[PDB]
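If you read the sequence from its start, that first residue is 1, and numbering goes on from there. Recorded method is X-ray crystallography, 1.4 Å. Order of appearance sets the numbers: ligands from 1, and atoms from 1 within every ligand.
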Amino acid sequence: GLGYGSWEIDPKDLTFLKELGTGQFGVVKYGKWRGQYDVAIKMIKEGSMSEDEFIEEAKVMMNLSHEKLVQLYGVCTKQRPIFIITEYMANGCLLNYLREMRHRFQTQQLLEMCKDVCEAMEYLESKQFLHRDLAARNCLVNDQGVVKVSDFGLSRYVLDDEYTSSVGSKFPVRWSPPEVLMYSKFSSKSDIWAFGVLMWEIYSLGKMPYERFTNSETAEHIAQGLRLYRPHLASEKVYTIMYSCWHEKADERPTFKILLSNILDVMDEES
Ligand SMILES: C=CC(=O)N1CCC(CNc2ncnc(N)c2-c2ccc(Oc3ccccc3)cc2)CC1
Ligand SMILES: [Cl-]
């Protein structure tokens, strides 16, 4: 109502119910909006974000809508810290979910996780929206086991320079193609590369990519044209798909539409 634009939520409409933990922007909570509707509430720690730029971008993000993409409901910006209000994902981050051996996943479930993410990424690609830090740690799982892509584009607004470039100690080296590590060339094809690494994370039940190497050693390995190798749970057909994401030449990597088609073909063949 009065005093709030379409991208703005009135924080007075929030009830806080459970803490979900802390990330590099600070705390995240589960709660209700206007008594009834489940939401997650990400509270942005002071000094961590380029806030005015993020708020303008939130307007764009409000217009993104896909069943496998975490939905932004709005932001609370009149106060500090500012809040990001989203759809609630009850089963938490995909990385931790994969590492819980009790799930005893079938490979058909792992392929479905890959398909969920691929659908979201195909949608983002159709909107010429880059994720810029796709990884299992960024994906979330809902109470139905569906995986959704989260934190899309958010790295653009992080002020901690340890996160923002390769020469940084917290940059996602292990999800980056050679042209990003060598020249900072981001594109649709760097999201493709990262998706391949994510498929490897899924099929490896959440192992760290290049687990015996440091980031510096990983960058060398990649630069010399070497790659991750096949997880035990991946069939040769699944491995072919993830490996196609790692062509040295960016232009030879598939699109998300093509990857989706390839994933559906394998599901059909492995059903
Ligand atoms: C391995 C990772 C890890 O330990 N965790 C647990 C803690 C942390 C919980 N966060 C959430 N937990 C449940 N549901 C949610 N919706 C969110 C959530 C809310 C808001 C978000 O912000 C954005 C969303 C989309 C665009 C941009 C911004 C992002 C996520 C993340 C994953
Ligand atoms: Cl949920």
A.B. asks: Report, by its name in UniProt, the chain making the most contacts with ligand 1.
C.D. replies: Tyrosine-protein kinase BTK
A.B. asks: What does the PDB call the drug placed at ligand 1?
C.D. replies: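 That drug is evobrutinib.
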A.B. asks: Which neighbouring residues and nucleotides define the binding site of evobrutinib at 4.0 Å (non-hydrogen atoms)?
C.D. replies: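 Within 4.0 Å on heavy atoms: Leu20, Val28, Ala40, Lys42, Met61, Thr86, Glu87, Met89, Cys93, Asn96, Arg137, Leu140, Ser150, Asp151, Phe152.
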A.B. asks: For evobrutinib and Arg137, I'd like to know whether there is a polar contact (N/O to N/O, distance under 3.5 Å).
C.D. replies: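 No, since none of the N or O atoms of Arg137 sits under 3.5 Å from an N or O of evobrutinib.
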A.B. asks: Polar-atom distance check: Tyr88 versus evobrutinib, any N or O pair below 3.5 Å?
C.D. replies: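 By distance alone, the answer is no.
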A.B. asks: Mind looking up which residues in chain A UniProt says bind clofedanol, and which of those have a heavy atom under 4.0 Å from evobrutinib?
C.D. replies: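 Heavy-atom check against UniProt gives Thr86, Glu87, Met89.
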A.B. asks: Is there a nitrogen or oxygen of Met89 sitting under 3.5 Å from a nitrogen or oxygen of evobrutinib?
C.D. replies: yes
A.B. asks: Filter the residues UniProt lists as binding dasatinib in chain A to those having a heavy atom under 4.0 Å from evobrutinib.
C.D. replies: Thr86, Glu87, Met89
A.B. asks: Any idea which atoms of evobrutinib are less than 4.0 Å away from a heavy-atom of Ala40?
C.D. replies: 14 (N), 15 (C), 16 (N), 17 (C), 19 (C)
A.B. asks: Give the UniProt domain of chain A containing most of the residues in contact with evobrutinib.
C.D. replies: Protein kinase
A.B. asks: What is the closest UniProt-listed active-site residue in chain A relative to evobrutinib, with its shortest non-hydrogen distance rounded to 1 Å?
C.D. replies: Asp133, 11 Å
A.B. asks: Would you confirm whether any non-hydrogen atom of the protein falls under 4.0 Å from atom 20 (C) of evobrutinib?
C.D. replies: yes
